Amino acid sequence: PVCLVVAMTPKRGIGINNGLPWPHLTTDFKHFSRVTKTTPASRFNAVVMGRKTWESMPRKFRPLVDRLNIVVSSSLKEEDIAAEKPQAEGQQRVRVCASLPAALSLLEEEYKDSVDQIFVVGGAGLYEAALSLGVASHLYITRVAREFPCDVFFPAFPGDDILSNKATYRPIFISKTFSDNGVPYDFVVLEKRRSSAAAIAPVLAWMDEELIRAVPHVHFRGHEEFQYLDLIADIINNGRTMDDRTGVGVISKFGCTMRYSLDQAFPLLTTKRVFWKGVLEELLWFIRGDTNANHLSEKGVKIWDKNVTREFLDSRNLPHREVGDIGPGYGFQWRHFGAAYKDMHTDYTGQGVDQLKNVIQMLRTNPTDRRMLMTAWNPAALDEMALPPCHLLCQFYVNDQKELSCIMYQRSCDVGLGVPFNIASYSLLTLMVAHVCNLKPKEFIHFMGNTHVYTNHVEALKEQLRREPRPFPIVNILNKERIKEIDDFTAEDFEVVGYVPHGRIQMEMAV
Amino acid sequence: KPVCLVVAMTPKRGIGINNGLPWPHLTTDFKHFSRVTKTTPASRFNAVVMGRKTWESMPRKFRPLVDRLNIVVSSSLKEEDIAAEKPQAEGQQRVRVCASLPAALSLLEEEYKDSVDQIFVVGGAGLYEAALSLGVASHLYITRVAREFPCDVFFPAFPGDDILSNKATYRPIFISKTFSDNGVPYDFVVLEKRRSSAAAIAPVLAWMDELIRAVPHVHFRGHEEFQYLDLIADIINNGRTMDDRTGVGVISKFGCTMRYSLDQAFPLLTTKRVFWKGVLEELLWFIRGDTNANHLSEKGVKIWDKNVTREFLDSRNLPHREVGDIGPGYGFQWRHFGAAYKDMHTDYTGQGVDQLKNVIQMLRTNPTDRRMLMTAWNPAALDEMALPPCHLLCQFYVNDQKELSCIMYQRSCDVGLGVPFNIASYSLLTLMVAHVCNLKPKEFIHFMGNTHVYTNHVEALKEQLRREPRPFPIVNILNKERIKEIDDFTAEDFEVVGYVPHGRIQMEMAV
Ligand SMILES: NC(=O)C1=CN([C@@H]2O[C@H](COP(=O)(O)OP(=O)(O)OC[C@H]3O[C@@H](n4cnc5c(N)ncnc54)[C@H](OP(=O)(O)O)[C@@H]3O)[C@@H](O)[C@H]2O)C=CC1
Ligand SMILES: NC(=O)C1=CN([C@@H]2O[C@H](COP(=O)(O)OP(=O)(O)OC[C@H]3O[C@@H](n4cnc5c(N)ncnc54)[C@H](OP(=O)(O)O)[C@@H]3O)[C@@H](O)[C@H]2O)C=CC1
Ligand SMILES: C#CCN(Cc1ccc2[nH]c(N)nc(=O)c2c1)c1ccc(C(=O)N[C@@H](CCC(=O)O)C(=O)O)cc1
Ligand SMILES: C#CCN(Cc1ccc2[nH]c(N)nc(=O)c2c1)c1ccc(C(=O)N[C@@H](CCC(=O)O)C(=O)O)cc1
Ligand SMILES: O=c1ccn([C@H]2C[C@H](O)[C@@H](COP(=O)(O)O)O2)c(=O)[nH]1
Ligand SMILES: O=c1ccn([C@H]2C[C@H](O)[C@@H](COP(=O)(O)O)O2)c(=O)[nH]1
Ligand SMILES: CCc1nc(N)nc(N)c1-c1ccc(Cl)cc1
Ligand SMILES: CCc1nc(N)nc(N)c1-c1ccc(Cl)cc1
């Protein structure tokens, strides 16, 4: 019973020029060391590596301390390694075998009392052999989210859908996303499948007195996307069927919550492709205080079009509004709160309260202040808007370490469509604010009021819950030196790195 | 050998009056009793031991207790007196009579070994007194009836009866959430006499894996107050030390959530005495749109006085404000959002947005609407206020069963002083609205931004965490027929029932 341990690109790449394809990944190395070393006294673990993998290792690190090193080789000899460096006291000598079956034979013959676990450590020669013999019970795979130039690859395997889009290996463990040197990655483990409380017990039994799961097989759910996935499952299982303004049936819950880290990776949901071009353009649109939807529409972002049509503006009793005008919508209240609205063509400079500017100035001068808020909800202007703001409020917070966190409150949440878009939107805002204020992005916290999935999304979401999430990508602000104020950001100042989502799922917008 | 006591008790230890139960029927308690006394893992049954009067107080259709060996402690009653009282049913045990409790336990050893599993002392005072004297009681199943009733028979005094009211040991290991039947709140406690299937995943868990706890011995933490208590412990252990507007030190966290049920009982925190007169008078003050703090101060509610002094108004750069004038604060924005403020003496009827009326009218006509929000945050009027609103937004929600839920977002939360007050303040509003909209109150959900404990509260809070909570009280709206609109409520239309909190703890307000 052997296990495989690997770091791997989305296209199964593992090595180039007898070396690692990516810059150093410190956390992955700490992970490798820990898994391969840890034992419950009398026993040590066995690491089996190929010749080239042995050679790729720096001479300082080889042999891997506290582990029985085994090199599969025809050309190298046991003395070549013995003469490479003097053997340190209290360590087992490196054994060389012709093949992997021979390497396992040696473990049975000589070492059956000494070793607890066996690890195949690389490279492509040993992984392929181990997969051929079917001796692999588990696969410890570090999923490098970025693609790098490679000449050596891990062989394709039934269940390699965890890496990219296309006896079996099913994920049983998925971690949160880490990143080092601008390279996002996470850790998965795949399994070969094919009277202390006795007094309390009867009281609990009477009390309890009375279906849909996300990726049920995955037992450790470290990935932060599971929040969203369990949140879907939760509303489908425990929500209530309600009527709606849209006329479409809704299954709803009230007062749900999610929070996402921004220090390592970006919470751009991987279980379905997120229209990032849309989130970026809408946020930049918001920041300008622009209320003209045709500016978004001309850029290929048609997210507001169905709610600024002649027919919708008239159902909203605003026949004087031009097609496209969202009225005093989100952006207008951010930059000109309480200002008298005319149309989308009017210059509103200096008018109203510039909430965004006040939030930033307070962050840069007095970050312990507890009044760092930005609201889009204006009861006086609600009837003039094409649609009342969903995401209506956000608060900022700075800790000891100059780390910035953002809460956002949403009155109404379309889980299937709007939420993944809203997560990414305010998470992006946090990065942008964090940079302009000289702060580290830490956390985005999502507070939700009426949390609902539309009936016509249910089947499509059930499909989405069979999908095990991929590592979160990294969003980089480019041209950091040029950007000094929040208005300095443009569409091209952003780069989404290592985003490998599952395919797009069609979900109609409830008009 | 060891026995378990099962009781339903008044705060003053009362268990009975006129050879009967002091309170109206509590179905859930009667269920609890039935299940704990009956449940067994085949061949065995449990034994219930009672006094002569406890047997007599019991209805005839219920005695003997089915599927349980009944033992009566008596000197006058004989075994044939009971047998002639009712024909023994097939399968059931014959009721035994013993001259004492030690004689009862001796019979359980002599004739009923291999027959009985668990022994339960079931009353009354005579038997409870003896079982505590002998020291054979390993566990006490106590149903804490929060309401005081006329009683002539009492449960004996015991070390650790501090769980009932204010003043070898019996410490709580289980505290449930508050239930209520027939307007009588109660909960359940259990005391204790003290004086490679998944293992191939654990190594990766090991390296990813990592001081103050409230009532740590209590293992089952059903009581919803534990939310508040664990939130205190969480801030102290994991929070970050920041500076603050007031100058007083602060330990803080960001993005905290609590929720409290409103259907059974009221979340008026029991682990310290909450100034309820203050929560009621301030809320009615809000409802009136009153900005004059002297109207609260005349009634003995001085919660606002330290922020309306000549000194604080001037430090806010408001020299023209009369002493008491909070400016356009919560009350004002609720009933007159956007209205141009003059002073506290001006009549603003018909001016600005009446958010409260809009919320109620929407609830009564279109409850599936997702825009039922009320906000106090008005960035245009913030500088004119004496203090920017802490609790700045609340949203309402109605479901299938005409049940009302309410979320309140609070930008800044003084956990020691303000939080308990705010929980009661909006939970009371939810009651008030629910009645006026013909809806059942369901849940209050607390969303918290900058959640902090002041450094001069830390010692007093550590003391508070040693206290286990008491059952929640019921808040009754009196004169229901008279009250039809939200403005109809008065200070006299409310009744707190069964409130038994711990002693007040002095906590200075950071000015
Ligand atoms: N990211 C990751 O997880 C890891 C990546 N790597 C990378 O992979 C590369 C090294 O792997 P790779 O190039 O495949 O070389 P290997 O480590 O597979 O070793 C190849 C040599 O070992 C012997 N050998 C290997 N497999 C067998 C077999 N089944 N039977 C008999 N002999 C065998 C052969 O010797 P002979 O020719 O004499 O028969 C062969 O020349 C490096 O670039 C390294 O950086 C390495 C480890 C982990
Ligand atoms: N809420 C609750 O948890 C419960 C409440 N109750 C209430 O309490 C009342 C009954 O309690 P209480 O008034 O104390 O009466 P008890 O049930 O304790 O019975 C008293 C009688 O039982 C016999 N007895 C009891 N203890 C002993 C002893 N140690 N040695 C010898 N004989 C004993 C004696 O009967 P004799 O004179 O025949 O020898 C005595 O007169 C009722 O009103 C009932 O409603 C009862 C049970 C549970
Ligand atoms: C939230 C938000 C911003 N908005 C604004 C907006 C306006 C009204 C709404 N109305 C309703 N009922 N649901 C919404 O999600 C919604 C969203 C969006 C609007 C549409 C799409 C959309 O058509 N779907 C995208 C998929 C993006 C994704 O997967 O998240 C598409 O492919 O076109 C996205 C965002
Ligand atoms: C929140 C709120 C309303 N308010 C208004 C108010 C105004 C400014 C504040 N400022 C700060 N820093 N903390 C607060 O809690 C606070 C509260 C209150 C103010 C004081 C007390 C108070 O002195 N404590 C009560 C005990 C009440 C309790 O048990 O919680 C007392 O007995 O005096 C209560 C409520
Ligand atoms: O950023 C947004 C904007 C809109 N919506 C969805 C949620 C609501 O279902 C709908 C707005 O309709 P009302 O909540 O106004 O009924 O749009 C979002 O989820 N996110
Ligand atoms: O209803 C209230 C009023 C005040 N505070 C507390 C929280 C803050 O610690 C303090 C106000 O300080 P700033 O947030 O304004 O700095 O008062 C509350 O918790 N609830
Ligand atoms: C530390 C990188 C690493 N990460 C993972 N997840 N698996 C591995 N097998 C390795 C590895 C690294 C160097 C060598 Cl020489 C062999 C294997
Ligand atoms: C069901 C009320 C009840 N609740 C609790 N928690 N304990 C009890 N011992 C009883 C009880 C009730 C009736 C009799 Cl006759 C004896 C005991």
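To find a chain's letter, count down the sequence lines: the first is A, the second B. Using the numbering of the PDB entry, the residues shown for chain A are 4-43, 71-196, 225-252, 285-300, 310-610, in order. Note that chain B is numbered according to the PDB entry, with residues 3-43, 71-196, 225-252, 285-299, 310-610 shown in order. Order of appearance sets the numbers: ligands from 1, and atoms from 1 within every ligand.
- According to the PDB, the drug located at ligand 8 is pyrimethamine.
- Of the candidates GSK2269557, CB3717, PF-04691502, EDP-235, what sits at ligands 3 and 4 is CB3717.
- Of all chains here, the one making more contacts with pyrimethamine (ligand 8) than any other appears in UniProt as Bifunctional dihydrofolate reductase-thymidylate synthase.
- By chain letter, the other chains having a heavy atom closer than 4.0 Å to pyrimethamine (ligand 8) are B.
- The organism that the entry gives for chain B is Toxoplasma gondii.
- In terms of UniProt domains, the contact of chain B with pyrimethamine (ligand 8) runs mainly through dhfr.
- A heavy atom under 4.0 Å from pyrimethamine (ligand 8) is present in the following residues that UniProt lists as binding substrate in chain B: B/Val8, B/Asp31, B/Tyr157, B/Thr172.
- The binding site of pyrimethamine (ligand 8) (heavy atoms under 4.0 Å) is made of B/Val8, B/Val9, B/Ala10, B/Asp31, B/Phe32, B/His34, B/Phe35, B/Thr83, B/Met87, B/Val151, B/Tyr157, B/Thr172.
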